[PDB]
Amino acid sequence: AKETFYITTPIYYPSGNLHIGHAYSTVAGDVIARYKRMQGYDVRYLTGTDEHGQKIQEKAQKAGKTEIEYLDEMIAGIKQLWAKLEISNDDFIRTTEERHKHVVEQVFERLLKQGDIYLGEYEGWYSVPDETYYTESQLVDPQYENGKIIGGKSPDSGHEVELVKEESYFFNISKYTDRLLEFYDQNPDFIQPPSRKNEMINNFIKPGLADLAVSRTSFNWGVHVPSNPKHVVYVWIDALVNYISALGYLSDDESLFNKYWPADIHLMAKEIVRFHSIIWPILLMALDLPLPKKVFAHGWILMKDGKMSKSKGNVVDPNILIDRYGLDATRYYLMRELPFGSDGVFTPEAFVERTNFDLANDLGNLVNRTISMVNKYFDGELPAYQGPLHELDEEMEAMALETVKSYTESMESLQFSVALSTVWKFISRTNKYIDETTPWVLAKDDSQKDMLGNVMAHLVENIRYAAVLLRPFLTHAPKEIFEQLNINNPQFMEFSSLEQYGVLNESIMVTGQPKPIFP
Ligand SMILES: N=C(NCCCCCCNC(=N)NC(=N)Nc1ccc(Cl)cc1)NC(=N)Nc1ccc(Cl)cc1
Ligand SMILES: Nc1ncnc2c1ncn2[C@@H]1O[C@H](COP(=O)(O)OP(=O)(O)OP(=O)(O)O)[C@@H](O)[C@H]1O
């Protein structure tokens, strides 16, 4: 059977509209999923929404709507966005669904029964503008009384914090410390790069993992603990178990869970790596479940006032980009312009240049020039590939195969910007081959009709390579390119058809009415 590959995005918090930051993660996961399907894996790709907590209740109440009324509307918009981006997610998990809530309940009750969780009192220091709870050691300008911290200010904003106390269940995560460090040793690529792993260990694990406050009693909008109804399960357990609840864990049908768990890749931005690389494996250990194989963290899309944030309002709406510039342009920009190992600033000027110069100009003109020449010189009948007849062909056919090899290395290491630049080196060289060979000169005399046919064959086969390699990234252009070239054999759209250059060994009738590939 096909080997399974399970990839997840984070579940997003619908306290406001999603922005291109969210689209970046979801498109990234989609490219991985599409690539793995093309490599012959049995893929499951999950995304969804994190719907509980005070902030959601507040948003709903402000809008004059019930919590579920508010959420259903937000979720409809999120699902519409993923459909518009042509995301190939196999499921959409909502934490309000009973399939999820059942797992949250059962996990919590199991940990209580085992004694991993016990009843205590949560204490935190709340800052209104930061919407954050701090520990006493994080406070700046700490005020003391009888050798005990009684007040302070937020380290982020400097706003006066307020002491909050409430009954809360705690999960003793520190018991699992040695097992977690052992796991990191046995799985050296679980967290990357090495600096990030050291970061996790030194900042959080080393000084000692504090007990984790896994319930709250001060609000009602969440999953209630069956054995103690006045407690609601907090973010840690509720959100993290989405990755297993979506697979039917602890349901009447665990077949998806039995197949796909453990996840091959959990994808996220850097700020939630700690939760996925410490809390999540510890929770899984407490449940006697296999751990995920890899946490993949990318950087932030920034604006010129910091990280793009829906609560801040410094946002770019992907719907606006798609509506104005098209889907291929939007997906291309996200994957090409913003490497995962860096934070990058969005600008409209960079978006426009990237999509006009690379898509419409470089690739789009290559296809139109090529088809136009086939129609002009051979009345639409593309001559069959024969061999490397032109002087430049040997080296260019070698470049095609090297392009596939390099691309594969980049894709395997999740260096998508590099994979794309590598494909574009080949596209640009194919345009240069038109200029070098000057087909119009060869079309002057019937003595060169054979060589002209060879040049046309090489342009089309180069285009085919590019189109196949772009199938994980672009959902419209490759299909359109195959349709205009009238390559109908589904096999010639797959990676295996790139092993040996020159598959089109019969003549084909290209389109007589070519049209722009983009937008
Ligand atoms: N937006 C949230 N803020 C509180 C997060 C904890 C402290 C913040 C730590 N720093 C962050 N920046 N975290 C973050 N933005 N999201 C997050 C994502 C995954 C996990 Cl497991 C934990 C937190 N919570 C949320 N997404 N879900 C939630 C679910 C159930 C209930 Cl009852 C209440 C809330
Ligand atoms: N600016 C961004 N750059 C890259 N990814 C992002 C960005 N914003 C959100 N994401 C994706 O969404 C996930 C959750 O981010 P979250 O929605 O908490 O950020 P946010 O938009 O700042 O939210 P809030 O404004 O409510 O704090 C991230 O882990 C990441 O996968």
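Heads up, chain A uses the PDB entry numbers, so what you see runs 2-520. Just so it is clear, the values below take in all heavy atoms, side chains as well, and ignore hydrogens, waters and symmetry mates. In each ligand, atom 1 is the first atom listed, and ligand 1 is the first ligand listed.
- By its PDB name, the drug at ligand 1 is chlorhexidine.
- The main partner of chlorhexidine in this structure, judged by heavy-atom pairs under 4.5 Å and named as in UniProt, is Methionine--tRNA ligase.
- Within less than 4.0 Å of chlorhexidine, the structure shows other ligands or ions, namely ligand 2 (adenosine-5'-triphosphate).
- A heavy atom under 4.0 Å from chlorhexidine is present in none of the residues that UniProt lists as binding ATP in chain A.
- When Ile273, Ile57, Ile238 are ranked by how near their heavy atoms come to atom 18 (C) of chlorhexidine, first place goes to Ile273.
- Heavy-atom distances between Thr96 and chlorhexidine stay at or above 4.0 Å for every pair.
- Between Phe220 and chlorhexidine there is a heavy-atom distance shorter than 4.0 Å.
- Here the shortest heavy-atom distance to atom 32 (Cl) of chlorhexidine, taken over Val236, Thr50, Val234, belongs to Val234.
- Regarding atom 4 (C) of chlorhexidine, its nearest protein heavy-atom neighbour is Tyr235 OH, 3.6 Å.
- The shell of residues lying under 4.0 angstrom from chlorhexidine, judged by heavy atoms, excludes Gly223.
- In this structure, the binding site of chlorhexidine at 4.0 Å (heavy atoms) is formed by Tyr14, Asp51, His53, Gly54, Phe220, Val233, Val234, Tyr235, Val236, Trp237, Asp239, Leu241, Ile273, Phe276.
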